[PDB]
Participant: 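Below is a structure containing ethinylestradiol. Please help me interpret it.
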There are 2 protein chains.
Amino acid sequence: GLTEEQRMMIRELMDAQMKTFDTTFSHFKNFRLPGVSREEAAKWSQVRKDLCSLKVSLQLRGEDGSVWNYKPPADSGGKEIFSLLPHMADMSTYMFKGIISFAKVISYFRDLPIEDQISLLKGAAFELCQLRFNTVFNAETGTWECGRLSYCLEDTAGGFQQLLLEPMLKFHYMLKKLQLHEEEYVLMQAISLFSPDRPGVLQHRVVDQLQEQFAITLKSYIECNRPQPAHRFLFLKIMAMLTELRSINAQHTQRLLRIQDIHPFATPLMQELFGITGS
Amino acid sequence: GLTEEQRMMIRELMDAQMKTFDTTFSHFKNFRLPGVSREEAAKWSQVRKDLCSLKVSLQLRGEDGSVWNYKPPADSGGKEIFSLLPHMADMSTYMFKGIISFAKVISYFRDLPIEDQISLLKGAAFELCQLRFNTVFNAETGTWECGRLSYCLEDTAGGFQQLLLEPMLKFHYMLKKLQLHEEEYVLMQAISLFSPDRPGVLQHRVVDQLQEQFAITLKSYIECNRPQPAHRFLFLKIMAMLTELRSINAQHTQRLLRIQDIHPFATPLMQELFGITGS
Ligand SMILES: C#C[C@]1(O)CC[C@H]2[C@@H]3CCc4cc(O)ccc4[C@H]3CC[C@@]21C
Ligand SMILES: C#C[C@]1(O)CC[C@H]2[C@@H]3CCc4cc(O)ccc4[C@H]3CC[C@@]21C
Ligand SMILES: ClC1=C(Cl)[C@]2(Cl)[C@@H]3[C@@H](Cl)[C@H](Cl)[C@@H](Cl)[C@@H]3[C@@]1(Cl)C2(Cl)Cl
Ligand SMILES: ClC1=C(Cl)[C@]2(Cl)[C@@H]3[C@@H](Cl)[C@H](Cl)[C@@H](Cl)[C@@H]3[C@@]1(Cl)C2(Cl)Cl
């Protein structure tokens, strides 16, 4: 069974999720939409490869029942590969705010020194974003269902299996297949958030002990509520997914910074979280 | 055969069409797009009936290869029925300018007094718009193909036959089925433009004689270039379509003014041409 402290812990995390996760994306508005040198040469080639590796179309369902649909352009060696970047920057920025709010509502987080709060959020914001995004992911239709917005994966030559070579996409399908509870998602967010080895963390003995407690609570939760053979080793699978998410976080940070280098687009909040300084 | 004067006449009309018809709609830009009392009660009911009687979705093909698609809302008793009005006002305004330019390039038109020019354009602008729109109408797919913009008729319960109850739509299908030449379309535009019985025309003996000459030139053109049994009575069918277009013009003017009464949207050029004064 769960100890009282373990029940309190889950309770406070679920409370924080409830207050700060706009699951219908109702308050996401005023966002942008797509319009209607050998060293440099190597930079663009890489960014081009990075960008086309994850193509989505976009749908907007109006409250009135109207539907707008956007199919992205092909790469034709020009700036059209950047068409969805302002929009995506706005969406991630919106998600990041929710995630910052999530963190601030948690007592264990508030109690850390401010410099560590910042270091942990800089370290985990993206990961907590992916974790929240997975809960609105539809693995049957390859679509992230964000209230009135949908982001639908473009077909490719190898269909599912091939698009699934992309680590971000493999991560989303694999996590969704685990069929996690809300409680388990939010404990994943805590474990990722309270990671002792993020750049700049000072109170890392504290953070490490906090992390260990969230992990023990998760292991205990699974043991108390999931007896089926399907869920044998579920706790270890989740921890393995969390390690993988940190790898993905590192890869995508590098992509971001590679795009940013040749085509600036990061919002001010994005710059803050990813260490772009404005100069 | 055609007399020299008849060849000159067609030549000058075709010249005017060539210079003033943006057939790829390349210069149509900066247009608006849909966003992302018992006496009054009777007004809205009528306007609602008027508006839903011709529903189109809209597609925009970007030069980069991107595609935007808009599916209109259902009537739910609110202002959503007006969603495409600003856009359509911008498109018609764009077409009207081309049509005004067309008229001004024609010697027979320039030679009329200015007050008659204005009276003829007020009378015929809409009709010449429909005539030009028919040349980019695709009767197989029920779409008006305006370069990178397409306007596609929405499906309904009776399919083609039922949507074809709408006089505007019946007119477009019937005219397209006649498979007219460019020359014949532009002579239709001249006959409509030079109509002696538009409100306010003063030199109507002149205009009537001008109109009669364009009609004789058209009859002669058909007789010289169309011997097939399919085209027997083609000249009379065209004149019957022109009479029908004037009926449509009267109906649609009333719809326009009915919408305008309860929901103003007409551009300044629209107001000028339809006699809305600004007060
Ligand atoms: C390059 C590249 C990509 O693989 C396709 C689009 C890129 C994202 C664009 C938006 C965005 C926003 C962030 O806050 C952080 C990263 C990104 C980019 C990550 C790499 C992506 C998915
Ligand atoms: C009401 C109604 C309708 O049948 C559907 C949309 C209406 C048009 C909107 C744009 C427009 C522009 C013009 O310059 C003149 C008329 C109109 C309206 C005509 C009636 C329409 C087709
Ligand atoms: Cl997830 C995910 C979503 Cl969602 C989109 Cl729209 C975008 C957000 Cl804005 C950032 Cl946070 C992340 Cl890296 C990406 C991806 Cl992989 C896509 Cl391109 Cl699908
Ligand atoms: Cl034709 C024709 C076209 Cl085109 C559209 Cl988009 C619109 C123009 Cl802007 C005005 Cl001029 C005319 Cl009345 C209408 C219709 Cl019937 C539709 Cl709603 Cl299809």
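The first sequence line is chain A, the next is chain B, and the lettering continues from there. For chain A, we keep the numbers from the PDB entry: what you see runs 142-177, 192-434, in order. Here the PDB entry sets the residue numbers for chain B, with the shown residues being 142-177, 192-434 in order. Technique stated in the header: X-ray crystallography, 2.2 Å. Computation of the quantities below employed the complete heavy-atom set of this structure, encompassing side-chain atoms and omitting hydrogens, waters and symmetry-equivalent molecules. Both ligands and their constituent atoms are indexed starting at 1 by order of listing.
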Participant: What is the full set of ligands or chains that belong to ethinylestradiol?
Facilitator: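 That would be ligands 1 and 2.
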Participant: Counting heavy-atom pairs under 4.5 Å, which macromolecule has the most such pairs with ethinylestradiol (ligand 2), as named in the PDB entry?
Facilitator: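 The chain with more contacts than any other is Nuclear receptor subfamily 1 group I member 2.
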Participant: So, around ethinylestradiol (ligand 2), which other chains have a heavy atom under 4.0 Å away?
Facilitator: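 Non-hydrogen contacts: B.
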Participant: Which chain residues come within 4.0 Å of ethinylestradiol (ligand 2), judged by heavy atoms?
Facilitator: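 Heavy-atom neighbours of ethinylestradiol (ligand 2): B/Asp205, B/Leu206, B/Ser208, B/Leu240, B/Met243, B/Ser247, B/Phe251, B/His407, B/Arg410, B/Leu411, B/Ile414, B/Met425.
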Participant: State the atoms of ethinylestradiol (ligand 2), each with its element, that fall below the 4.0 Å cut-off from a heavy-atom position in B/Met243.
Facilitator: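 Contacts of ethinylestradiol (ligand 2) toward B/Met243, numbered from 1: 10 (C).
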Participant: List the source organism for chain B per the PDB.
Facilitator: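 In the entry, the organism is Homo sapiens.
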Participant: With heavy-atom distances below 4.0 Å as the criterion, list the atoms of ethinylestradiol (ligand 2) near B/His407.
Facilitator: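 The atoms of ethinylestradiol (ligand 2) under 4.0 Å from a heavy atom of B/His407 are 19 (C), 20 (C), 22 (C).
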Participant: If you count the atoms of ethinylestradiol (ligand 2) from 1 in the order shown, which ones are under 4.0 Å from a heavy atom of B/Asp205?
Facilitator: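 So the atoms of ethinylestradiol (ligand 2) that pass are 1 (C), 2 (C), 3 (C), 4 (O).
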Participant: Please identify which atoms of ethinylestradiol (ligand 2) are closer than 4.0 Å to at least one heavy atom of B/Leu206.
Facilitator: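 Under 4.0 Å from B/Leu206, ethinylestradiol (ligand 2) has these atoms: 1 (C), 2 (C), 5 (C).
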Participant: Run the numbers for me: atoms of ethinylestradiol (ligand 2), each under 4.0 Å from some heavy atom of B/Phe251, listed by number.
Facilitator: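 Going through ethinylestradiol (ligand 2) atom by atom, the ones under 4.0 Å from B/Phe251 are 14 (O).
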Participant: Any idea which atoms of ethinylestradiol (ligand 2) are less than 4.0 Å away from a heavy-atom of B/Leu240?
Facilitator: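 What qualifies from ethinylestradiol (ligand 2) is 9 (C).
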Participant: Give yes or no for whether the N/O distance cutoff of 3.5 Å, strictly under, is met between B/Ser247 and ethinylestradiol (ligand 2).
Facilitator: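 Yes: some nitrogen or oxygen of B/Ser247 is under 3.5 Å from one in ethinylestradiol (ligand 2).
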Participant: Please name the UniProt domain of chain B that makes most of the contacts with ethinylestradiol (ligand 2).
Facilitator: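 That would be UniProt domain NR LBD.
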Participant: Which residues of chain B does UniProt mark as hyperforin-binding that also come under 4.0 Å from ethinylestradiol (ligand 2) by heavy-atom distance?
Facilitator: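 In chain B, UniProt binders with a non-hydrogen atom that close: B/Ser247, B/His407.
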Participant: At what residue and atom is a covalent bond to ethinylestradiol (ligand 2) recorded in the entry?
Facilitator: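 As deposited, there is no covalent site.
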Participant: Do any other ligands or ions come under 4.0 Å from ethinylestradiol (ligand 2), and which ones?
Facilitator: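 Nearby: ligand 4 (Trans-nonachlor).
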